[PDB]
Trainee: 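I have a PDB entry of vorinostat bound to Histone deacetylase 8; a few questions follow.
We're sticking with the PDB entry numbering for chain A, so the shown stretch reads 14-86, 96-378, in order. Just so you know, ligand 1 is whichever comes first in the structure, and atom 1 is the first atom listed for that ligand. Determined by X-ray crystallography, 2.4 Å, according to the entry header.
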Amino acid sequence: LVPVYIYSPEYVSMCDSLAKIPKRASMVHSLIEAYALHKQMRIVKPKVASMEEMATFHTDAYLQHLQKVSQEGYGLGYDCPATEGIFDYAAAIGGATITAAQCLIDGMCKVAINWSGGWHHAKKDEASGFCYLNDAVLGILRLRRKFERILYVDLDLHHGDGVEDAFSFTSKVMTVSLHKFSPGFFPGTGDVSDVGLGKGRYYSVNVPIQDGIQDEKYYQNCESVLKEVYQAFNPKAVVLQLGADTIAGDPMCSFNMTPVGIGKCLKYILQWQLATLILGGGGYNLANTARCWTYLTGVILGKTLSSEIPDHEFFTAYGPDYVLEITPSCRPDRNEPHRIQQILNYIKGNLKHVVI
Ligand SMILES: O=C(CCCCCCC(=O)Nc1ccccc1)NO
Ligand SMILES: [K+]
Ligand SMILES: [K+]
Ligand SMILES: [Zn+2]
(Lines of atoms letter the chains of each structure in order from A and count residues from 1; the text may use other names and numbers.)
(Lines give C-alpha, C1' and ligand atoms only; values in the text may rest on other atoms or scores of the structure.)
(Ligands and ions follow the chains in the order given, each with its own letter.)
Protein backbone atom coordinates (compact mmCIF):
# COMPACT_ATOMS: atom_id res chain seq x y z
CA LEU A 1 0.00 0.00 0.00
CA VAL A 2 3.12 2.18 -0.13
CA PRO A 3 3.61 4.18 -3.38
CA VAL A 4 6.43 3.03 -5.65
CA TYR A 5 9.04 5.61 -6.66
CA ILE A 6 10.95 4.69 -9.82
CA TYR A 7 14.49 5.93 -9.21
CA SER A 8 18.21 5.23 -9.55
CA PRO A 9 21.23 7.57 -9.76
CA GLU A 10 22.01 6.17 -13.23
CA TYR A 11 18.43 6.73 -14.42
CA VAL A 12 18.25 10.37 -13.29
CA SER A 13 21.68 11.06 -14.79
CA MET A 14 20.50 9.56 -18.08
CA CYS A 15 17.35 11.70 -18.09
CA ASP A 16 19.35 14.87 -17.36
CA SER A 17 21.08 14.42 -20.72
CA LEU A 18 18.06 15.56 -22.76
CA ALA A 19 19.02 18.95 -24.19
CA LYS A 20 15.43 20.20 -24.08
CA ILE A 21 15.32 19.81 -20.28
CA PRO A 22 18.89 19.77 -18.88
CA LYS A 23 19.21 18.59 -15.26
CA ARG A 24 15.43 18.65 -14.76
CA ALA A 25 15.31 15.05 -13.52
CA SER A 26 17.95 15.85 -10.89
CA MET A 27 16.11 19.00 -9.77
CA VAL A 28 12.86 17.06 -9.38
CA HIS A 29 14.43 14.19 -7.43
CA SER A 30 16.63 16.47 -5.32
CA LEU A 31 13.63 18.51 -4.18
CA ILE A 32 11.65 15.37 -3.40
CA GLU A 33 14.71 14.15 -1.50
CA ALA A 34 15.01 17.50 0.27
CA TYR A 35 11.49 16.94 1.59
CA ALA A 36 12.46 13.38 2.55
CA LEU A 37 9.44 12.03 0.65
CA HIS A 38 11.52 9.21 -0.84
CA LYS A 39 11.82 7.69 2.64
CA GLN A 40 8.03 7.36 2.64
CA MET A 41 8.02 5.53 -0.70
CA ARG A 42 9.24 2.20 -2.06
CA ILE A 43 12.23 2.97 -4.26
CA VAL A 44 12.54 0.67 -7.28
CA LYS A 45 15.50 0.67 -9.67
CA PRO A 46 14.22 0.92 -13.26
CA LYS A 47 15.16 -1.80 -15.75
CA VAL A 48 16.40 -0.82 -19.20
CA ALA A 49 13.87 -1.71 -21.90
CA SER A 50 14.93 -4.46 -24.29
CA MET A 51 14.55 -4.36 -28.07
CA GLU A 52 11.56 -6.70 -27.74
CA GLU A 53 9.88 -4.61 -25.04
CA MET A 54 10.18 -1.39 -27.05
CA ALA A 55 8.94 -3.34 -30.08
CA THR A 56 5.54 -3.90 -28.44
CA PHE A 57 4.63 -0.52 -29.93
CA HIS A 58 7.50 0.79 -32.07
CA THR A 59 8.39 -0.75 -35.44
CA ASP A 60 11.68 -2.61 -35.84
CA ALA A 61 12.67 -0.36 -38.74
CA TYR A 62 12.32 2.72 -36.55
CA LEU A 63 13.98 1.15 -33.50
CA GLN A 64 16.94 0.01 -35.59
CA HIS A 65 17.36 3.40 -37.26
CA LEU A 66 17.09 5.13 -33.89
CA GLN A 67 19.83 2.87 -32.53
CA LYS A 68 22.00 3.24 -35.64
CA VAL A 69 21.75 7.03 -35.42
CA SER A 70 22.46 6.81 -31.69
CA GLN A 71 25.49 4.55 -32.12
CA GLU A 72 27.13 6.68 -34.83
CA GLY A 73 25.21 9.71 -36.07
CA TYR A 74 11.67 8.89 -39.02
CA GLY A 75 10.81 12.23 -37.43
CA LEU A 76 14.39 12.99 -36.40
CA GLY A 77 14.61 16.73 -37.06
CA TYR A 78 14.33 20.02 -35.19
CA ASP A 79 12.17 18.82 -32.29
CA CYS A 80 13.94 15.45 -32.11
CA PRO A 81 17.65 15.83 -32.98
CA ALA A 82 19.45 12.69 -34.16
CA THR A 83 22.03 12.91 -31.36
CA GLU A 84 24.33 10.16 -30.08
CA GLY A 85 23.18 8.15 -27.07
CA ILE A 86 19.54 8.91 -27.82
CA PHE A 87 18.63 5.21 -28.00
CA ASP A 88 20.06 4.59 -24.53
CA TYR A 89 17.99 7.54 -23.34
CA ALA A 90 14.87 6.11 -24.99
CA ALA A 91 15.42 2.60 -23.64
CA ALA A 92 15.90 3.91 -20.09
CA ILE A 93 12.64 5.86 -19.87
CA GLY A 94 10.68 3.15 -21.65
CA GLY A 95 12.01 0.53 -19.26
CA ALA A 96 11.28 2.81 -16.32
CA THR A 97 7.60 3.18 -17.20
CA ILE A 98 7.34 -0.55 -17.89
CA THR A 99 8.97 -1.29 -14.52
CA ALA A 100 6.37 0.92 -12.85
CA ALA A 101 3.61 -0.91 -14.74
CA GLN A 102 4.99 -4.30 -13.71
CA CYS A 103 4.97 -3.08 -10.11
CA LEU A 104 1.25 -2.34 -10.44
CA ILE A 105 0.65 -5.80 -11.90
CA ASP A 106 2.51 -7.59 -9.10
CA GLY A 107 0.35 -5.79 -6.53
CA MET A 108 3.48 -4.28 -5.00
CA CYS A 109 1.67 -0.94 -4.88
CA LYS A 110 -1.49 0.95 -5.83
CA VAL A 111 0.48 3.91 -7.20
CA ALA A 112 3.75 3.83 -9.16
CA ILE A 113 5.61 7.01 -10.10
CA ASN A 114 7.92 7.84 -13.01
CA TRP A 115 8.36 11.62 -13.21
CA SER A 116 10.82 11.37 -16.11
CA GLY A 117 8.26 9.61 -18.31
CA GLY A 118 5.06 10.70 -20.04
CA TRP A 119 6.51 11.35 -23.49
CA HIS A 120 3.26 11.09 -25.36
CA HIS A 121 3.92 12.37 -28.90
CA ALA A 122 5.95 9.48 -30.32
CA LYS A 123 4.26 7.26 -32.91
CA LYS A 124 5.06 3.63 -33.72
CA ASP A 125 7.51 4.67 -36.44
CA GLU A 126 8.07 8.38 -35.83
CA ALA A 127 9.71 10.60 -33.22
CA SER A 128 7.74 13.76 -32.48
CA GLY A 129 7.72 16.78 -30.17
CA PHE A 130 10.81 15.99 -28.06
CA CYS A 131 9.61 12.37 -27.87
CA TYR A 132 11.78 9.60 -29.32
CA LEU A 133 9.87 6.81 -27.61
CA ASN A 134 6.32 6.68 -26.28
CA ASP A 135 6.80 5.32 -22.76
CA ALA A 136 3.16 6.05 -21.90
CA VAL A 137 1.94 3.65 -24.60
CA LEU A 138 4.50 1.07 -23.47
CA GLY A 139 3.16 1.47 -19.94
CA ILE A 140 -0.41 0.85 -21.10
CA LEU A 141 0.57 -2.16 -23.23
CA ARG A 142 2.25 -3.74 -20.20
CA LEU A 143 -0.75 -3.04 -17.96
CA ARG A 144 -3.08 -4.63 -20.54
CA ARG A 145 -1.51 -8.00 -19.73
CA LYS A 146 -3.45 -8.00 -16.46
CA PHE A 147 -6.15 -5.33 -16.63
CA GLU A 148 -9.04 -5.54 -19.09
CA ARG A 149 -9.71 -1.79 -19.28
CA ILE A 150 -7.19 1.04 -19.02
CA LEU A 151 -7.98 4.73 -18.65
CA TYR A 152 -5.31 7.14 -19.88
CA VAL A 153 -5.58 10.72 -18.60
CA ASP A 154 -3.34 13.42 -20.06
CA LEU A 155 -3.21 16.77 -18.25
CA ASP A 156 -0.18 18.05 -20.17
CA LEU A 157 -0.50 21.40 -21.94
CA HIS A 158 -0.22 19.54 -25.25
CA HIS A 159 -2.55 16.99 -26.83
CA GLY A 160 -1.50 13.40 -26.16
CA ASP A 161 -1.80 12.51 -29.84
CA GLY A 162 0.72 9.67 -29.85
CA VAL A 163 -1.07 7.77 -27.09
CA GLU A 164 -4.49 8.47 -28.60
CA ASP A 165 -3.58 7.31 -32.11
CA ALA A 166 -1.89 4.21 -30.72
CA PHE A 167 -5.16 3.04 -29.19
CA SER A 168 -7.60 4.88 -31.46
CA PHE A 169 -8.83 1.58 -32.93
CA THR A 170 -9.45 -0.28 -29.66
CA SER A 171 -12.13 -0.03 -26.98
CA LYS A 172 -10.15 -1.60 -24.14
CA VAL A 173 -8.14 1.58 -23.63
CA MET A 174 -9.80 4.98 -23.28
CA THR A 175 -7.67 8.10 -23.72
CA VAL A 176 -8.70 11.41 -22.15
CA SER A 177 -6.72 14.57 -22.93
CA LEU A 178 -7.14 18.09 -21.60
CA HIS A 179 -4.95 20.42 -23.64
CA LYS A 180 -4.51 23.77 -25.34
CA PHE A 181 -6.19 23.75 -28.73
CA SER A 182 -5.59 26.65 -31.10
CA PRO A 183 -4.59 26.93 -34.79
CA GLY A 184 -0.80 26.96 -34.96
CA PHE A 185 -0.27 25.42 -31.52
CA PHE A 186 1.48 22.04 -31.35
CA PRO A 187 0.49 19.46 -32.30
CA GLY A 188 -2.66 20.97 -33.82
CA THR A 189 -4.87 17.95 -33.17
CA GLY A 190 -7.28 16.93 -30.42
CA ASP A 191 -10.52 18.78 -31.08
CA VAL A 192 -13.66 17.63 -29.26
CA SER A 193 -14.79 16.06 -32.55
CA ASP A 194 -11.92 13.56 -32.42
CA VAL A 195 -13.43 10.46 -30.80
CA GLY A 196 -11.44 7.60 -32.30
CA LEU A 197 -11.91 5.19 -35.20
CA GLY A 198 -13.46 1.78 -35.90
CA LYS A 199 -14.24 -0.26 -32.79
CA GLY A 200 -12.37 2.44 -30.88
CA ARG A 201 -14.90 5.09 -31.88
CA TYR A 202 -16.02 7.14 -28.83
CA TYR A 203 -13.10 5.71 -26.85
CA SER A 204 -10.99 8.83 -27.39
CA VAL A 205 -11.92 11.90 -25.35
CA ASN A 206 -10.54 15.38 -26.10
CA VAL A 207 -11.11 18.60 -24.16
CA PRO A 208 -9.90 21.68 -26.09
CA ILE A 209 -8.99 24.59 -23.78
CA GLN A 210 -7.82 28.17 -24.39
CA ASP A 211 -5.14 30.31 -22.72
CA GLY A 212 -5.34 31.62 -19.16
CA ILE A 213 -7.41 28.92 -17.46
CA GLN A 214 -6.91 28.73 -13.69
CA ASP A 215 -7.27 26.14 -10.90
CA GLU A 216 -11.00 26.42 -10.20
CA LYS A 217 -12.45 26.28 -13.72
CA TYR A 218 -9.92 23.65 -14.77
CA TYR A 219 -10.80 21.29 -11.93
CA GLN A 220 -14.56 21.66 -12.33
CA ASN A 221 -14.20 20.95 -16.04
CA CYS A 222 -11.83 18.04 -15.40
CA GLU A 223 -13.95 16.48 -12.64
CA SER A 224 -17.17 16.59 -14.66
CA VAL A 225 -15.44 14.86 -17.58
CA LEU A 226 -13.76 12.22 -15.41
CA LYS A 227 -17.07 11.63 -13.63
CA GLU A 228 -18.85 10.67 -16.85
CA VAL A 229 -15.82 8.75 -18.13
CA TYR A 230 -15.54 6.68 -14.95
CA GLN A 231 -19.19 5.60 -14.99
CA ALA A 232 -19.26 4.98 -18.74
CA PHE A 233 -15.94 3.18 -19.17
CA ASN A 234 -15.42 1.64 -15.71
CA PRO A 235 -11.60 1.41 -15.78
CA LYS A 236 -9.59 -1.24 -13.93
CA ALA A 237 -6.35 0.76 -13.98
CA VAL A 238 -5.24 4.32 -14.73
CA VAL A 239 -2.28 5.91 -16.50
CA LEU A 240 -1.98 9.59 -15.59
CA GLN A 241 0.25 12.03 -17.48
CA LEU A 242 0.89 15.20 -15.48
CA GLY A 243 3.01 17.47 -17.69
CA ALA A 244 3.83 20.68 -15.84
CA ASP A 245 3.91 23.03 -18.84
CA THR A 246 0.42 24.16 -17.77
CA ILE A 247 1.84 25.77 -14.64
CA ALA A 248 2.10 29.56 -14.34
CA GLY A 249 5.65 30.72 -15.00
CA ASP A 250 6.29 28.20 -17.76
CA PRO A 251 7.96 29.85 -20.78
CA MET A 252 5.13 28.46 -22.92
CA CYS A 253 2.96 30.95 -21.02
CA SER A 254 -0.38 29.39 -22.02
CA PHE A 255 -2.44 28.07 -19.11
CA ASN A 256 -2.32 29.75 -15.70
CA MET A 257 -2.41 26.80 -13.31
CA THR A 258 -0.87 26.02 -9.93
CA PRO A 259 0.08 22.54 -8.63
CA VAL A 260 -2.89 22.84 -6.24
CA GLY A 261 -5.35 22.77 -9.14
CA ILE A 262 -3.67 19.78 -10.78
CA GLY A 263 -3.47 18.18 -7.34
CA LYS A 264 -7.25 18.20 -6.95
CA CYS A 265 -7.59 16.38 -10.27
CA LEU A 266 -5.04 13.87 -9.00
CA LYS A 267 -6.95 13.44 -5.73
CA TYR A 268 -10.21 12.75 -7.58
CA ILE A 269 -8.45 10.05 -9.59
CA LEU A 270 -6.63 8.59 -6.58
CA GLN A 271 -9.89 8.06 -4.69
CA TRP A 272 -10.96 5.55 -7.34
CA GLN A 273 -8.65 3.16 -5.46
CA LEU A 274 -7.32 1.75 -8.74
CA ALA A 275 -3.81 0.82 -9.85
CA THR A 276 -2.41 4.15 -11.01
CA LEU A 277 0.73 4.83 -13.04
CA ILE A 278 1.98 8.39 -12.57
CA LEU A 279 4.00 10.04 -15.34
CA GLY A 280 5.48 13.50 -15.84
CA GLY A 281 5.92 15.12 -19.23
CA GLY A 282 6.32 18.72 -20.34
CA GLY A 283 7.51 21.46 -18.02
CA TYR A 284 10.08 24.04 -19.03
CA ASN A 285 10.30 26.19 -15.94
CA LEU A 286 12.59 23.65 -14.30
CA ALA A 287 12.27 24.93 -10.72
CA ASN A 288 8.48 25.25 -11.01
CA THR A 289 8.24 21.77 -12.52
CA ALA A 290 10.13 20.37 -9.54
CA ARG A 291 7.83 22.40 -7.29
CA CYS A 292 4.78 20.90 -8.97
CA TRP A 293 5.77 17.23 -8.97
CA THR A 294 7.17 17.48 -5.44
CA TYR A 295 3.81 18.88 -4.34
CA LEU A 296 1.95 16.13 -6.20
CA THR A 297 4.22 13.52 -4.63
CA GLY A 298 3.11 14.93 -1.28
CA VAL A 299 -0.51 14.68 -2.40
CA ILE A 300 -0.07 11.00 -3.26
CA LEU A 301 1.46 10.46 0.19
CA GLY A 302 -1.30 12.46 1.85
CA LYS A 303 1.28 14.79 3.37
CA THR A 304 1.34 18.56 3.85
CA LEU A 305 4.64 20.11 2.77
CA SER A 306 6.45 23.05 4.34
CA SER A 307 5.91 26.22 2.31
CA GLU A 308 9.60 27.13 2.52
CA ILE A 309 11.96 25.40 0.10
CA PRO A 310 14.51 23.28 2.01
CA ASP A 311 18.19 23.78 1.22
CA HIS A 312 19.58 21.34 -1.35
CA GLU A 313 21.70 21.08 -4.50
CA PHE A 314 19.55 23.47 -6.55
CA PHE A 315 18.35 25.82 -3.79
CA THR A 316 19.62 28.93 -5.62
CA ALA A 317 17.29 28.27 -8.55
CA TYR A 318 14.24 28.95 -6.38
CA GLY A 319 14.54 32.71 -6.03
CA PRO A 320 13.50 35.29 -5.44
CA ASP A 321 10.94 34.01 -2.90
CA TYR A 322 12.15 30.45 -2.24
CA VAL A 323 8.73 28.96 -1.48
CA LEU A 324 6.83 25.89 -2.71
CA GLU A 325 3.60 27.62 -3.71
CA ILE A 326 3.24 29.09 -7.20
CA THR A 327 1.39 32.34 -7.84
CA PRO A 328 -0.83 32.63 -10.96
CA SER A 329 0.13 35.30 -13.51
CA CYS A 330 -1.95 38.45 -14.06
CA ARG A 331 -3.52 37.70 -17.45
CA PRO A 332 -7.08 36.98 -18.72
CA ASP A 333 -8.90 33.66 -18.92
CA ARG A 334 -9.70 33.34 -22.63
CA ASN A 335 -12.23 30.54 -22.05
CA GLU A 336 -15.87 31.48 -22.61
CA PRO A 337 -18.13 29.71 -20.05
CA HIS A 338 -20.62 28.65 -22.74
CA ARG A 339 -17.94 26.97 -24.86
CA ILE A 340 -16.79 24.80 -21.95
CA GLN A 341 -20.35 23.59 -21.42
CA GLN A 342 -20.88 22.61 -25.06
CA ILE A 343 -17.63 20.65 -25.17
CA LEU A 344 -18.91 18.89 -22.06
CA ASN A 345 -22.21 18.14 -23.81
CA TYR A 346 -20.47 16.57 -26.81
CA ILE A 347 -18.44 14.34 -24.50
CA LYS A 348 -21.50 13.22 -22.52
CA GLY A 349 -23.14 12.48 -25.87
CA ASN A 350 -20.23 10.38 -27.10
CA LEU A 351 -20.03 8.52 -23.78
CA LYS A 352 -23.64 7.40 -24.23
CA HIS A 353 -22.29 5.00 -26.84
CA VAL A 354 -19.91 3.70 -24.17
CA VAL A 355 -22.56 1.37 -22.75
CA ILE A 356 -20.69 -1.86 -23.45
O1 LIG B 1 5.61 19.46 -23.83
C2 LIG B 1 5.60 18.83 -24.88
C3 LIG B 1 6.64 19.11 -25.94
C4 LIG B 1 5.97 19.36 -27.28
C5 LIG B 1 7.01 19.74 -28.33
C6 LIG B 1 7.27 21.24 -28.33
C7 LIG B 1 6.26 21.94 -29.22
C8 LIG B 1 6.95 22.70 -30.34
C9 LIG B 1 7.69 23.89 -29.76
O10 LIG B 1 7.13 24.56 -28.90
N11 LIG B 1 8.91 24.10 -30.26
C12 LIG B 1 9.81 25.13 -29.91
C13 LIG B 1 9.48 26.16 -29.03
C14 LIG B 1 10.40 27.15 -28.72
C15 LIG B 1 11.67 27.12 -29.29
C16 LIG B 1 12.01 26.10 -30.17
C17 LIG B 1 11.08 25.11 -30.47
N18 LIG B 1 4.71 17.89 -25.14
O19 LIG B 1 3.73 17.58 -24.20
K1 LIG C 1 -2.97 16.90 -22.41
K1 LIG D 1 -9.29 4.20 -27.66
ZN1 LIG E 1 3.55 19.52 -23.22
Trainee: Just need the ligand numbers or chain letters for vorinostat, all copies if there are several.
Mentor: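 Short answer: ligand 1.
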Trainee: Suppose I only count heavy atoms of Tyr306 and a 4.0 Å limit; which atoms of vorinostat (ligand 1) are within that range?
Mentor: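 Every atom of vorinostat (ligand 1) under 4.0 Å from some heavy atom of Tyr306: 1 (O), 2 (C), 3 (C).
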Trainee: Among all protein heavy atoms, pick the one closest to atom 11 (N) of vorinostat (ligand 1) and tell me residue, atom and distance.
Mentor: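 Of every protein heavy atom, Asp101 OD1, 4.1 Å lies nearest to atom 11 (N) of vorinostat (ligand 1).
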Trainee: Considering the heavy atoms of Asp178, write down every atom of vorinostat (ligand 1) situated less than 4.0 Å from one of them.
Mentor: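 Contacts of vorinostat (ligand 1) toward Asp178, numbered from 1: 19 (O).
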Trainee: Check this for me - vorinostat (ligand 1), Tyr100, N or O atoms closer than 3.5 angstrom, yes or no?
Mentor: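 The answer is no, given that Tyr100 and vorinostat (ligand 1) share no N or O pair closer than 3.5 Å.
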Trainee: Could you tell me, atom by atom, which parts of vorinostat (ligand 1) come under 4.0 Å of a heavy atom of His142?
Mentor: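 Near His142, meaning under 4.0 Å from one of its heavy atoms, vorinostat (ligand 1) has 18 (N), 19 (O).
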Trainee: Where is the covalent link for vorinostat (ligand 1) placed, by residue name, number and atom?
Mentor: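 The model shows no covalent bond.
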Trainee: Would you say atom 5 (C) of vorinostat (ligand 1) touches the protein, meaning some protein heavy atom is under 4.0 Å from it?
Mentor: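 Flag for atom 5 (C) of vorinostat (ligand 1) set to true, protein heavy atom closer than 4.0 Å.
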Trainee: Name the closest protein heavy atom to atom 10 (O) of vorinostat (ligand 1), giving the residue it belongs to and the distance to 0.1 Å.
Mentor: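 So the nearest neighbour among protein heavy atoms is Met274 CE, 4.0 Å.
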Trainee: Which vorinostat (ligand 1) atoms does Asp267 reach within 4.0 Å, using its non-hydrogen atoms?
Mentor: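 So the answer, numbered in order with elements, is 1 (O), 2 (C).
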Trainee: Students should be able to answer this: which protein heavy-atom is nearest to atom 12 (C) of vorinostat (ligand 1), and at what distance?
Mentor: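 Answer, as residue, atom name and distance: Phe152 CZ, 4.7 Å.
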Trainee: So for vorinostat (ligand 1), is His143 a polar contact partner (N or O within less than 3.5 Å, distance only)?
Mentor: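 N/O-N/O distance below 3.5 Å exists for this pair.
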Trainee: Would you say atom 14 (C) of vorinostat (ligand 1) touches the protein, meaning some protein heavy atom is under 4.0 Å from it?
Mentor: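 So atom 14 (C) of vorinostat (ligand 1) lacks protein heavy-atom neighbours under 4.0 Å.
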Trainee: Which of the numbered atoms in vorinostat (ligand 1) are below 4.0 angstrom from a heavy atom of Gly151?
Mentor: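 Reading through vorinostat (ligand 1) atom by atom, the close ones are 3 (C), 4 (C), 5 (C).
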Trainee: Check each atom of vorinostat (ligand 1) against the heavy atoms of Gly304 and keep those under 4.0 Å away; list them by number with element.
Mentor: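 It comes down to these atoms of vorinostat (ligand 1): 1 (O).
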